[PDB]
Asks: 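Hi! I'm looking at a structure that contains tipranavir and have some questions.
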Protein chains: 2
Amino acid sequence: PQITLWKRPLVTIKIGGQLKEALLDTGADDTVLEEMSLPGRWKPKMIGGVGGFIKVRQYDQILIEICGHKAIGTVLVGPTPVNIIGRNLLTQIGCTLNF
Amino acid sequence: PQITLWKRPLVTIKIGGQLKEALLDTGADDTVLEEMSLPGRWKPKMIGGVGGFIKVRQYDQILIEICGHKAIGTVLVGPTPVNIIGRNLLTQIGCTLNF
Ligand SMILES: CCC[C@@]1(CCc2ccccc2)CC(O)=C([C@H](CC)c2cccc(NS(=O)(=O)c3ccc(C(F)(F)F)cn3)c2)C(=O)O1
Ligand SMILES: [Cl-]
Ligand SMILES: [Cl-]
């Protein structure tokens, strides 16, 4: 698709068999989801946003569908205000910026 | 151009007589720049994102050039960790997400 930016680029994602709404965010290195449970081991990470730093849990090699496009990669979980899809997964689905 | 997302989408902007590096951020409602002087009236604003809220100065009707494309819009100025071009200006330069 082509997504214009007059509204927030919110899309449906599927993770763990469940649908969620998430923001396509070209300013995010990483994908960060609101508190939830994921299987497997996790490792710690500190990430920065516009307001400062947050602690998150890093899960690797997680299956996640974004606008119907299948990705498998790193998902961070922590106190983000919205589910954010960052560049690590935007590149997996072939996303570019165009103007 | 067509900008891929393997690295942060940083571009050159021209604003208030200055050349700066800024991040094209489809996740940001607003454009927020690190501390700088801008002409005219301003009012305080709180903006929130990852890590919480920061207080910024809101300047309206500010001319800007982003990667060679002219626009006008609101520019916020405050303690953001990086200069961020948000949707309010990305729309004006015809920026879309494509996959
Ligand atoms: C996972 C962190 C993502 C990010 C990283 C910024 C960064 C980049 C390089 C180095 C250091 C830091 C980019 C980003 O879009 C935001 C948020 C949106 C999720 C953001 C950015 C800019 C302004 C705002 N405030 S706002 O009022 O314009 C606003 C508020 C809320 C939302 C919502 F969509 F997230 F709800 C979008 N915009 C928020 C942020 O807080 O940090
Ligand atoms: Cl990844
Ligand atoms: Cl505006």
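In what follows, chains carry the letters A, B, and so on, assigned in the order in which the sequence lines appear, proteins first and then strands, with residues in each chain numbered from 1. Side chains are part of it too, since the values below use all heavy atoms of this structure and drop only hydrogens, waters and symmetry mates. This deposition comes from X-ray crystallography, 1.3 Å. Numbering of ligands and ligand atoms starts at 1, following listing order.
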Asks: So, about tipranavir - where is that in the structure, copies and all?
Replies: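 All copies together: ligand 1.
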Asks: By the name used in the PDB entry, which chain has the largest number of heavy-atom pairs within 4.5 Å of tipranavir?
Replies: protease
Asks: Which other chains are in heavy-atom contact (under 4.0 Å) with tipranavir?
Replies: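 The heavy-atom check gives A, B.
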Asks: Provide the binding site of tipranavir at 4.0 Å, counting non-hydrogen atoms only.
Replies: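 By heavy-atom distance, those residues are A:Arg8, A:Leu23, A:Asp25, A:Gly27, A:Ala28, A:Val32, A:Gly48, A:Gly49, A:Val50, A:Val82, A:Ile84, B:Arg8, B:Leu23, B:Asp25, B:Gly27, B:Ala28, B:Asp29, B:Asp30, B:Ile47, B:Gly48, B:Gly49, B:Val50, B:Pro81, B:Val82.
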Asks: As an exercise, identify every atom of tipranavir less than 4.0 angstrom from a heavy atom of B:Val82.
Replies: 10 (C)
Asks: Among protein heavy atoms, which lies nearest atom 20 (C) of tipranavir, and at what distance?
Replies: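 Going atom by atom, the protein heavy atom closest to atom 20 (C) of tipranavir ends up being A:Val50 CG1, 4.0 Å.
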Asks: If we only count N/O pairs under 3.5 Å, is B:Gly48 in contact with tipranavir?
Replies: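 Between B:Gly48 and tipranavir, an N or O pair is found under 3.5 Å apart.
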Asks: What atoms of tipranavir come within less than 4.0 Å of a heavy atom belonging to A:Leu23?
Replies: 19 (C), 34 (F), 35 (F)
Asks: Numbering the atoms of tipranavir from 1, which are under 4.0 Å from a heavy atom of B:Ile47?
Replies: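 Under 4.0 Å from B:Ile47, tipranavir has these atoms: 25 (N), 27 (O).
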Asks: Hey, could you tell me which residue and atom have a covalent bond to tipranavir? Or is it none?
Replies: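 The covalent anchor is absent.
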Asks: Side chain or backbone, does B:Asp30 bring an N or O within less than 3.5 Å of an N or O on tipranavir?
Replies: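 Such a contact does occur with tipranavir.
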Asks: Can you list the tipranavir atoms lying under 4.0 Å from a non-hydrogen atom of A:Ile84?
Replies: 1 (C), 19 (C)
Asks: Would you mind listing which atoms of tipranavir come within a distance below 4.0 Å of any non-hydrogen atom of A:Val32?
Replies: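 Near A:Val32, the atoms of tipranavir are 1 (C).
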Asks: Near B:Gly49, which atoms of tipranavir are under 4.0 Å from a heavy atom of that residue?
Replies: 39 (C), 41 (O)
Asks: Do B:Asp25 and tipranavir have an N or O pair less than 3.5 Å apart?
Replies: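 It does: an N or O of B:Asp25 is found under 3.5 Å from an N or O of tipranavir.
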Asks: Counting each atom of tipranavir from 1 as listed, which ones have a heavy atom of B:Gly27 under 4.0 Å away?
Replies: 15 (O), 18 (C), 34 (F), 37 (C), 38 (N)
Asks: Show the atoms of tipranavir that are less than 4.0 angstrom away from any heavy atom in B:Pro81.
Replies: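 Here the atoms of tipranavir in question are 11 (C), 12 (C).
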Asks: Distance to 0.1 Å, residue and atom name: give those for the protein heavy atom nearest to atom 32 (C) of tipranavir.
Replies: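 Looking at atom 32 (C) of tipranavir, the protein heavy atom closest to it is A:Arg8 NH2, 3.4 Å.
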Asks: Name each N or O atom in tipranavir that is under 3.5 Å from a protein N or O, and give the partner atom and the distance.
Replies:
residue, atom, partner, partner atom, Å
tipranavir, 15 (O), A:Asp25, OD1, 3.4
tipranavir, 15 (O), A:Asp25, OD2, 2.6
tipranavir, 15 (O), B:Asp25, OD1, 3.2
tipranavir, 15 (O), B:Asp25, OD2, 2.7
tipranavir, 25 (N), B:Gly48, O, 2.9
tipranavir, 27 (O), B:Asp30, OD2, 3.4
tipranavir, 28 (O), B:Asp29, N, 3.3
tipranavir, 28 (O), B:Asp30, N, 3.2
tipranavir, 28 (O), B:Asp30, OD2, 3.3
tipranavir, 38 (N), B:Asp29, N, 3.2
tipranavir, 41 (O), A:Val50, N, 2.9
tipranavir, 41 (O), B:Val50, N, 2.9
tipranavir, 42 (O), A:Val50, N, 3.4

